[PDB]
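Take a look at the structure set out below.
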Amino acid sequence: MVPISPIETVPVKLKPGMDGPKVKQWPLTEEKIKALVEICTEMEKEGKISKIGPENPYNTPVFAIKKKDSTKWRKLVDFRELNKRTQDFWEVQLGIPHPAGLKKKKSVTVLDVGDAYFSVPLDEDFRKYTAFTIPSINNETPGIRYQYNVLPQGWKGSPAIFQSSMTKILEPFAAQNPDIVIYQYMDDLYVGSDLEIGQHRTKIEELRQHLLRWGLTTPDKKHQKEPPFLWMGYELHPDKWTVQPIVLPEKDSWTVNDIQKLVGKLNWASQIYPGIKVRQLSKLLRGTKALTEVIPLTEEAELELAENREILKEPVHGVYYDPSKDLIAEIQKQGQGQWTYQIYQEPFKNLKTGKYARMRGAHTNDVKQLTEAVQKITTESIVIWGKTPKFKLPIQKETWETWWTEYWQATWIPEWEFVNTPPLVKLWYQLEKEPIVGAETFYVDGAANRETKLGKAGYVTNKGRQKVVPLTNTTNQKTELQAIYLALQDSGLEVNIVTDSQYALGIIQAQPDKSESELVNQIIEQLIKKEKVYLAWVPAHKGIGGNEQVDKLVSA
Amino acid sequence: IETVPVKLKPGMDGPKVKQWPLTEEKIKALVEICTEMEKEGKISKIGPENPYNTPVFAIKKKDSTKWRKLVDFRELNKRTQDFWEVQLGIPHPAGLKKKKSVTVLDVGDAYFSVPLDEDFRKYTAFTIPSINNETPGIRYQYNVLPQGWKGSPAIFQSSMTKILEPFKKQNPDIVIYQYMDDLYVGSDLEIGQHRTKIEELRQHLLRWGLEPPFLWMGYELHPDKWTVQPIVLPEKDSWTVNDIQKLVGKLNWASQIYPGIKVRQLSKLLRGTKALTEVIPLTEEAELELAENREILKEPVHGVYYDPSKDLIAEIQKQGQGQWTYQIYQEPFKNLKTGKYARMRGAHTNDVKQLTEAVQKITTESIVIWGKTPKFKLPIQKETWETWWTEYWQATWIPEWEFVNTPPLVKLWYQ
Ligand SMILES: Cc1cc(/C=C/C#N)cc(C)c1Nc1ccnc(Nc2ccc(C#N)cc2)n1
Ligand SMILES: CNc1ccc(C(F)(F)F)cc1N
Ligand SMILES: [Mg+2]
């Protein structure tokens, strides 16, 4: 015989303080026992399990499940309890490749490595914890006791230890064959290259020879699976990719669960179908979790759905990544906090698409949302391609310059160019840096009674213009905003406004163009109509004229 | 040569911190660095029985062409036992901040000559990711004291004191202070003499070393010239209503720092409902009150003391045109240091690069003055900072930070 290299075992431990499982074996029918004895006898012959004496105190239950439409039983060793007690492992498959980062391949061959799985030995010192018992016929003899010598299917550590063991085996072959790519998924190896089929088939046989150094055999009747591959919800082809078919159901009525599944499908589709939207459909699940509750579809959601059905009318495919070319990302504003983007290298040939939704918040503006979308696309692009795309953005260079030089926070977007495709992102208002000569000065204030919720808002000006409005069901904060609104409403196109409201200044200095507060939205609407607005802050209750006068009028 | 036993803090597992996305350039640099480190026995490949992780990235030091590996041990440093075994504290040298020149040396390569406790190595695990996760991340752990881990200067301290004994005896007026991977060497000499003494000091470590990739570099500071920012009020011949309003606002803020500040008489000038741009003559009761406030503001703040048991906090404000103001404190309104920058290096069109360079300068000042790093309150959205700060980082340590989402009104008063 030909010596084979052993597969180094991974040392395994139980979590600190914990012991192995001691779980009672369920009674089984005489029929199941006979089937398990036959199954385990074969497993024992193949070296996967070994009979143990009565010293071992651990146990995991074993079951017999009838393979549907067949007289063949199959065994299930239920390791739920051992898994709770087994240490955590490094899990490598946490991040899966995105198809848009893959490279085009001329050939991709599949190799079955299911036999290698049971060549990976289990750490000798851990085997005792995998003990199980076949009950005896009529319970008149001791049950037959076994333990595993190989990685048990269903045990917590088997995926990680199998992956790590195969990686170590494959590393030297990949390193010395930089003209192929190797990928492990389940019990299959996927091998791709740009070589002429002859050289490619040679590499495959050389890989089989390399694997045989560890005694690992691969079926010679080559794999039935061939391009296209159905994988992790995608279809992989040699020179393009897409998502598996997206079929939106027809329904006369929709439940919470149906809408959750619909949005999940739209989200999955949005990575290659441009323009998918889910805002209005997602709004319907706000707060509720009555899985079976029916929700009427708003007219807004019906239009969104209809718009989506059209986008999904026919198949769309992405191309693969060419590292020799720049990556370009283009973004469009869609409305209601929704943004959509495409990443491509050659015009009209997208690698992938995607969307971004406004974060939950009281106040926002388009420039901030565009900025957030850019950072999201940047980070996703680092993951998939290892570098930042050049951006094409619907904002003028002069608009961006004005924004970031005057914004109170540090902010940055990477190399980008203006793309003139409406809706353009713009600054709707900008406050003055200095008081305006010749503009009327409005001293504003508001106050409310915490108990009655009655209040007043108003202003007094240097020209003797005055107004006070009585208010109900209000708060100090709302009356302070109401006073600023009144001054905007009653002033000319240029106006100086003096407030003592730190709350109102906090909001306005954040430069929102849209708010959850209808009062802030009204203030924004007025700001947009002005030519010049200077907002000045003074501390309350300090004898500052104008401020003192109106504070008295509204606090009465 | 023999390992110091090291433990985590009680009831505390190892770090399990996600590796953040790295550019192709940084991955390729780390693969080359780690391949060589593995050959030299500094690191070894690890298996899946090690579930721990600490992030890694790569930087380019101030004025260098070569990538340096930087491990972000912030989580491991929090979870590592405190080191007071052989000593009861290494009092921070209060004189370091008074020298005319302080040079900062990267001496971290020296730590690689001491082995790490075999039972602790698992907790230094890190991963080199692959683009698009197409190949399994490369997993390694340290066999020797790692750069950036708080225990490395502690364990290496004995070795370091003996390496420097001849240089200290022969240069007794020199202040030498070690923080993490840095050596701070302060003197009062002519900078030409200074650089020689520094190169003298390098030779001691190269001599003991028998090569360090970044020991030859030198970050030159001059803490004797570090400026502060007292509260100053305008001196004007013509005060508008708006000017006086701004003055009363600033004085109201200052009165939280200085007890005796008064505004009654200045407010009185704004008796009525006047146009913001109208000029108001100062009556003399107001001129006196203002002079009295000016004199108050020339004195130090009362009851300001440093407590080494409390966190330092650093706040930064963007003032525009490349200017940044900052304050370091432990208790509100009790500033231990204030300052202002404008000369931010090669970042005239990049806010975030400027802020990152300000964070590093403030941290350096904090190390020199108190021997620890402050917790930053940063005027930036989390997602913007986290996407970009690693691109401009040039220091071998990393401070902690939080984010300011609401505009502070006090920016106006530090301008
Ligand atoms: C992630 C991955 C999944 C599968 C297969 C998963 C499954 N099932 C097969 C391979 C070879 C890979 N690895 C890589 C790495 C770099 N480029 C590519 N490009 C590439 C892959 C498949 C097809 C096709 N058809 C075309 C190009 N694949
Ligand atoms: C986790 N699976 C895996 C292991 C080893 C390689 C290698 F080719 F780089 F060696 C590739 C993959 N995909
Ligand atoms: Mg009031």
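So that the names make sense, note that chain A is the first sequence line, chain B the second, and so on, each numbered from 1. In listed order, ligands and their atoms are each counted from 1.
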Ligand 1: macromolecule with most heavy-atom contacts, named per the PDB entry = Reverse transcriptase/ribonuclease H
Which drug molecule has been modeled at ligand 1?
-> rilpivirine
Name the other chains in heavy-atom contact with rilpivirine below 4.0 Å.
-> A, B
Which nucleotides or residues of neighbouring chains are within 4.0 Å of rilpivirine (non-hydrogen atoms)?
-> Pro97(A), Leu102(A), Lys103(A), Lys105(A), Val108(A), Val181(A), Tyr183(A), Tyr190(A), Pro227(A), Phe229(A), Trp231(A), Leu236(A), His237(A), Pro238(A), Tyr320(A), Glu134(B)
Entry label for chain B | p51 RT
Rilpivirine N/O within reach of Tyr183(A) N/O, cut-off under 3.5 Å = no
Taking distance alone, with no angle check, do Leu236(A) and rilpivirine share an N/O pair under 3.5 Å?
-> yes
Which heavy atom of the protein is the closest neighbour of atom 11 (C) of rilpivirine, given with residue, atom name and distance?
-> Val181(A) CG2, 3.8 Å
Closest approach of any protein heavy atom to atom 26 (C) of rilpivirine, naming residue and atom = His237(A) O, 3.1 Å
Proximal rilpivirine atoms for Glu134(B), defined as those under 4.0 Å from one of its heavy atoms = 15 (C), 16 (C)
Any idea which protein heavy atom is nearest atom 17 (N) of rilpivirine, and the distance to it?
-> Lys103(A) N, 3.2 Å
Protein contact to atom 9 (C) of rilpivirine [nearest heavy atom, distance to 0.1 Å] | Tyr190(A) CB, 3.4 Å
For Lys105(A), take its heavy atoms, then give the atoms of rilpivirine lying under 4.0 Å from any of them.
-> 17 (N), 19 (N), 20 (C), 27 (C)
Write out the residue and atom name of the closest protein heavy atom to atom 21 (C) of rilpivirine, then the distance separating them to 0.1 Å.
-> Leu102(A) CD1, 4.1 Å
